Asker: 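Submitted below is the structure of interest, expressed as structure tokens.
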Amino acid sequence: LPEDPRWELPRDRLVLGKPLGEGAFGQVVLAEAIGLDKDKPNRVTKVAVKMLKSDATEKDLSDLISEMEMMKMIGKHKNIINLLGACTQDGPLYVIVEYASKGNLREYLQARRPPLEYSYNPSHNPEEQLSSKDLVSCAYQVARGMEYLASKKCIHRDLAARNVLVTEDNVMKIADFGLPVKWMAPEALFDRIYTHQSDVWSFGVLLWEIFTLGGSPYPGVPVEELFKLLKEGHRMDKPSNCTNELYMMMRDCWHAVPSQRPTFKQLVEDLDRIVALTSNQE
Ligand SMILES: COc1cc(CCc2cc(NC(=O)c3ccc(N4C[C@@H](C)N[C@@H](C)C4)cc3)[nH]n2)cc(OC)c1
């Protein structure tokens, strides 16, 4: 790997900590970076570090590098997982990125379900219920991250609550944008055609995940029937606790004709307005 002084951090500035989550983003560990900012060399910053597994292949290395390089080009946004640095010399490739201490959006929401036969809270460490405004805001932030990525001509291909991470301060950050059928637009599923419009379809499913507090889409519908049923016009019913307006947004995201779906730009404007009008008492 050739050096890139723009991003390089010396290996001994990282204090490698524990594995994060359960490997959904590869082998990622929590770490402390000493002097990640050259301006503040005596500060430690909690970061996430991605590296290769032990019995990796030449494919895995090229993918990690490709991921890193794409993230270098993508630029910063507060609602995406940002690249912070890399250790490419004198040892294994480390890709240093932002740390999101509250985990993926699905588990985040599930843990915040009311303590319920209908919608069961699987966490042994449940957390305070989210207000109705918090929930719309979570949708708005995801949309903002996607609006940014789409503006940089990035197609995600796997947008879903599990690929949004939540920081200590409850900021939503899109993950895994740098290199499942129940989140795919019919045209992606059928014909392998991935676009910003198919990401919008996925966003609709993600909205449904939000308003079911981490519910599993198309409950009990076998994968092998799903494209057939989507072709026939099957769409998820409204979550029990969802406004008609947010449901209509989901439905629009699931337009059969890709050109008729809203853009992320429009979704952001729409969610911005909905967030403003959502009661902060409920
Ligand atoms: C482009 O995209 C990425 C994303 C990443 C992942 C970076 C990352 C991962 C995390 N974080 C966790 O993975 C995490 C943290 C806490 C979790 N939980 C466990 C849960 C049971 N309780 C909860 C209270 C907390 C569960 C998961 N931050 N940054 C790496 C990357 O390389 C290049 C690129």
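Residue indices begin at 1 and follow the sequence shown. Note that ligands are numbered from 1 as they come in the structure, with each ligand's atoms numbered from 1 the same way. Reckoned from all heavy atoms, side chains included, excluding hydrogens, waters and symmetry mates.
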Asker: Name the drug or drug candidate found at ligand 1.
Answerer: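 It is the drug AZD4547.
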Asker: Name, as UniProt does, the macromolecule that AZD4547 contacts most in this entry.
Answerer: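 Per UniProt, the chief partner is Fibroblast growth factor receptor 1.
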Asker: What would you say the binding site of AZD4547 is, if we count heavy atoms under 4.0 Å?
Answerer: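 Counting heavy atoms, it is made of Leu20, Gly21, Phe25, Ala48, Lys50, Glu67, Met71, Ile81, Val95, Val97, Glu98, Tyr99, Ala100, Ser101, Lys102, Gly103, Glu107, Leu165, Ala175, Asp176, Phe177.
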Asker: Can you list the atoms of AZD4547 that are under 4.0 Å from a heavy atom of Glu98?
Answerer: 7 (C), 8 (C), 28 (N), 29 (N)
Asker: Below 3.5 Å, N or O to N or O, backbone or side chain included: is there any such pair between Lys102 and AZD4547?
Answerer: no
Asker: Would you happen to know the UniProt domain of chain A where most contacts with AZD4547 sit?
Answerer: Protein kinase
Asker: Can you list the AZD4547 atoms lying under 4.0 Å from a non-hydrogen atom of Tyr99?
Answerer: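 The list of qualifying atoms is 28 (N), 29 (N).
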Asker: Say whether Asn104, considering both its backbone and side-chain N or O atoms, lies within less than 3.5 Å of an N or O atom on AZD4547.
Answerer: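 N/O-N/O distance below 3.5 Å does not exist for this pair.
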Asker: Okay, which residue that UniProt calls active site in chain A is closest to AZD4547? And the heavy-atom distance, rounded to 1 Å, please.
Answerer: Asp158, 10 Å
Asker: Within a distance under 4.0 Å of any heavy atom of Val95, pick out the atoms of AZD4547 and give their elements.
Answerer: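 Close to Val95: 33 (C).
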Asker: I need the atoms of AZD4547 closer than 4.0 Å to a non-hydrogen atom of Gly21, numbered in the order shown.
Answerer: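 Counting atoms of AZD4547 from 1, those under 4.0 Å from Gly21 are 26 (C), 27 (C).
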Asker: What about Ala100: any of its N or O atoms under 3.5 Å from an N or O on AZD4547?
Answerer: yes
Asker: If you count the atoms of AZD4547 from 1 in the order shown, which ones are under 4.0 Å from a heavy atom of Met71?
Answerer: 1 (C), 33 (C)
Asker: Quick one: which AZD4547 atoms are inside 4.0 Å of a heavy atom on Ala48?
Answerer: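 Heavy-atom distances to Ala48 below 4.0 Å select 7 (C), 8 (C), 29 (N).
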